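Pictured: 23S rRNA (2903-MER), co-complexed with erythromycin.
Chain letters run A, B, ... following the sequence lines, proteins first, then strands; residues in each count from 1. Counting convention: from 1, in listed order, for ligands and their atoms alike. Cropped entry; intra-crop contacts only.
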Amino acid sequence: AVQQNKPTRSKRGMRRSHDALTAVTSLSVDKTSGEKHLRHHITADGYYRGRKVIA
Amino acid sequence: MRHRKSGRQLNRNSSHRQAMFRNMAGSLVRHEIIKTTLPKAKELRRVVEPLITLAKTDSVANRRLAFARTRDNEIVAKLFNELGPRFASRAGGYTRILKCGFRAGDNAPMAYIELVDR
Amino acid sequence: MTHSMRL
Amino acid sequence: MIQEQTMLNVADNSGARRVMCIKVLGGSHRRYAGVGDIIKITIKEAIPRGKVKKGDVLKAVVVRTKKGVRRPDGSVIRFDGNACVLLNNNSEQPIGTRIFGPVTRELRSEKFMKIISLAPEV
Amino acid sequence: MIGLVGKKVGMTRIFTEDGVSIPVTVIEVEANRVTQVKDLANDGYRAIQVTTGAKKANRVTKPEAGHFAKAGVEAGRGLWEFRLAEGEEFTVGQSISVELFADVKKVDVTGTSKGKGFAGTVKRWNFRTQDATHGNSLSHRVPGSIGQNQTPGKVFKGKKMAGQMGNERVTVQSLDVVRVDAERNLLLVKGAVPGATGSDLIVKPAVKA
Amino acid sequence: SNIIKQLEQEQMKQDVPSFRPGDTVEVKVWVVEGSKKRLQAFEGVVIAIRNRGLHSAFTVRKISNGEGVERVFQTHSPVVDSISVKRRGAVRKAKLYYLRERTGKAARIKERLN
RNA sequence: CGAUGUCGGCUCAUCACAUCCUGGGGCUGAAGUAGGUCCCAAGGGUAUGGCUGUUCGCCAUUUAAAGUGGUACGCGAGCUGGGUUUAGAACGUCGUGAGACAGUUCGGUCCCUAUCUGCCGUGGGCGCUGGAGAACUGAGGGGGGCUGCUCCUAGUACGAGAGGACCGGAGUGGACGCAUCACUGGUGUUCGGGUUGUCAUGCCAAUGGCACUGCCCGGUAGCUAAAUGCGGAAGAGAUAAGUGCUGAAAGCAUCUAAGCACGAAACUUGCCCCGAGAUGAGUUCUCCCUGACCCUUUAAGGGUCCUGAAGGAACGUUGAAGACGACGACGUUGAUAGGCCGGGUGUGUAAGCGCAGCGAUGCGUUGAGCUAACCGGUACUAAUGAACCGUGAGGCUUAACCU
RNA sequence: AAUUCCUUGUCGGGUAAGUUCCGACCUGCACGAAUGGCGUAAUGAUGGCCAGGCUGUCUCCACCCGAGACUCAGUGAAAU
RNA sequence: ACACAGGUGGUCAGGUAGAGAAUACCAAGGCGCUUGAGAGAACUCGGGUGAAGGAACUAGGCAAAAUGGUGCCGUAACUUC
RNA sequence: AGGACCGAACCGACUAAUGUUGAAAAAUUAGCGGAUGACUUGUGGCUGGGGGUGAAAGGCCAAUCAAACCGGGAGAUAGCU
Ligand SMILES: CC[C@H]1OC(=O)[C@H](C)[C@@H](O[C@H]2C[C@@](C)(OC)[C@@H](O)[C@H](C)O2)[C@H](C)[C@@H](O[C@@H]2O[C@H](C)C[C@H](N(C)C)[C@H]2O)[C@](C)(O)C[C@@H](C)C(=O)[C@H](C)[C@@H](O)[C@]1(C)O
């Protein structure tokens, strides 16, 4: 259950080496408006692939 | 180990799942576009599309089956009167999912599910 | 309770 | 699927009405007995006028199982109630004369041919 | 001789006229075209490489496009090798159908078995479940003890534990061929071969004769 | 599938009389005892039918001399030579395992007269 | 002694060989069968129950056999807690007594979320000297290796007779393992039906909610065993005990010193699986890059602009792939998923209407209606044009050749 | 024998097989008559033993339904 | 010690089925218990079903399964009747 | 009638499982016992530390009992760590 002695700050950083959050590669541009959005998502202004979907 | 098994459990039991799908089908037929989560939207596709296919023939027995699967007479009225003659041409695919970001509270994947008329 | 005890 | 402690009925008229399997003979760690399989039994209930008494440890052969035997055709014949024919402890020959009810054609071999030439159905 | 690459198409049974029913696995053995032939001049060992099936022309990369278009063949899914045991010579592009298995009597089928996922020790290694009652506390299908004490002081390598079950290469040997269809390019073998329906199988003649 | 269904429909027997459960049916089956082959009657109650194409089966329950016997016949097996429906019974289930729980007067069932 | 938790049982083992079985031999007071005894051999195997807290033991019944030990009398951060050994109470006995008793009896809280090593799995990074996509050789590592019975030879060899083979050859089982659901079954709270109580949909009729899925009856696909296929090998090498051939030392003799041949489930291969991080980083095939300049510590140097290639990743639809990564299919030049259509399966003759009945209900329409995960099709819906990473012919030395 | 060491006394019953149980015999190590002896109907969340029914206790596990465990976002300990 | 599955005296007590203040479903009325979203591995918890067998489990039938209501019929030894 | 019987409230705590850095410093869940009495409960009193009270376990006396707590002798004493 408990440790026999405490780990180092080195073994702590090596453990946290795999915790880096991936960035989004690039946001895509809509054809009509030009606003950035995620792929396969609608924009904030409700456009998807050049079509006004939500009011 | 889930090999070729359909249906999502959605962290509910069977009665809660069935009642939740009945409520969501009522809200979708009522408002014609609803915001929900993504897997609930896919399961809602598999629930609400047979009701629209049931509305394609208007009889007493089919309206009673639609009442048995929606329990709202205003919903079965709107189905058999509006969504029947409107969706008469297209064969399947009466609905459309569109992803809309993430929820602010629980970071849940959002979606709009709507009918193909608007 | 003399089960873990070396008695 | 007769294992030990299974209570079988008796197919012939040796005197017992109910026997119990105490050992499935043949092979180390053997679990079950089908139709072709000798079992060692003890006698739990006998008629008062019979050839064998209660508490006799002898051998028997299963003739009917509720699990049922499978034919090479894909078929399966499942009886109702488990049954055995009692045998001589060393001679391997049956004790009673008449044999009640059906048996299987799986049983067809020399000593059980002596058995099977007595049964009404096969 | 060499094996052929086919696809597992379900299971059924055939009825021999004697009365016996035998379960067969149906293996669709398409035309196997030889792409590249290895010989011990360049490679040190002699072999053939075959492909079968078909792929999309937009799903083929230019390395494998050039490798298929180098010698006479068309694009199939996958490439496999066969080791040419002493006395077979094959031109590239040679179509190899199921007549060699029309001659043969026993066969070995190799496939990737169905993946059972992370399984426990009871499912993977046929461990005996402990007591369900009589006092037991949270330890019904747990693996028991895994080692002795201070004297090893460590678990031994190859100790049977839980983990990935399924999804691995399995060979089944000495399966009898019951029928060979050349107009349907089918292969009926007796019994059960590893994989799901539609999985790619390798069919070699039997070695343990 | 397309290949499995094809192989099985060329395996399937052409003429088999359609019956429903509850029908008293007598099956004549082939029986081999070495050199000589024989035909053997098994008359009982059809209690279960499993329609699967070539893999169809039907279970028949018959009370022999003191005992209850149940035989599952593969329909398109070659050892089944003839199936003849002798009495048509009018149960309303598709399976009749309560006849396994019953005996005597309780195990009789009404005739159809469709 | 500022704590190293006991006996027995369960689960999981692992090694030694002083071998219980199987295997190989020598001698026998070895006719055969079956033994005894000794040598070689550790590959595999090596019961179930009754009694007892028991290890042990006795007993019953099998088996080819029911090995003997080590591993904190293996194994409680894996389980149990019957026994001993807390506090209660009693018996016999001892003691004036409080009380005591390897004497008995009834009752009596078993904590831990794993940091490191280890082990089972599964990934990311970088390397492998231009990058990429594949297919392999395989150094090495692991798994597996059990055996009965019946028949033939042959009732022959052997033996007065009773009995009864070696060697060899098939068949058929038991335990064990791997695989897969075609069969036979289980499950199937996502399918159909019955039914009880109550509430609601205005009511009737019809349905729905809740009562453990209310209780049940069947049952699709998946998963699965008790279901069904397969396996253990043959052969090869080198041998152990043992048996030899030729042969001196030692005119003989001698399996041995020279030389030669046999000889076991052990060893190395043969079968199966992993495997080039095998840093000794391998081989083969295919594909992709063919631009200009300046600076300085003119170095396997830095920088700027122009080009971003093969491919990859990301995203999306997903999968008999999966904890997550990964792996696989597809992304409209499209059957990847849902829907839809047709079928199949399952359940059992829907509702409504009409007839018979006083009625419950029965009959006709009607093998109807409904059908999950299945099958074959169909772009109806969702898989967006892109952007992002990855470059611009890839060092030195020596050899062999080509112009 | 809630008492018995030797001891699983010996015989009987029950079991295929019974160190426990039941009935006996007395060799009472070390019962015994109000620190009561021997019975005893009824009672007991009382101790032991046997039987019928019943069953996943077990042979030997399999599948399903939910709650965690697993991933994502928010908050965020502890023994050592 | 906590916005803590505990504890805390009295009064009122509707409908249907029910002997009932049990129990099931409801009315008046009040709540959905102050982290959610997915996925659908091992293992753990709480349940459901299970072929053949039926205590072989185990210290011990522990735990489960079974039994279960009303009316009538019938009911042994023993007994302090 | 009954320290009668079955069985809710109420009182208790026999078995199992879970919890054991708990939801809880003694619980929950599923069964379990008594339930007109030697019953249970509210409010208020009385008994006190070698003392009380005890259908008796050395049990209980404010999460403390083979002599409560608080404060003072007091920096008791410690051949011991
Ligand atoms: C709820 C959780 C509680 O622990 C338990 O109940 C377990 C189950 C006890 O075993 C209980 C129950 C039991 C039978 O042991 C299982 C009994 O023998 C002991 C005396 O008490 C433990 C572990 C005992 O240790 C043991 O003490 C022995 C004297 C020596 C032994 N050592 C040699 C290894 C050691 O581990 C002991 C003393 O209580 C530990 C001390 C630290 C505690 O008091 C702590 C606070 C515990 O009460 C606890 C953690 O809250």
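Other chains making heavy-atom contacts shorter than 4.0 Å with erythromycin (ligand 1): C, G, J. The shell of residues around erythromycin (ligand 1) (heavy atoms under 4.0 Å) is C:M1, C:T2, C:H3, C:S4, C:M5, G:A3, G:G5, G:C110, G:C111, J:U20.
As recorded in the PDB, the name for chain C is ermDL.
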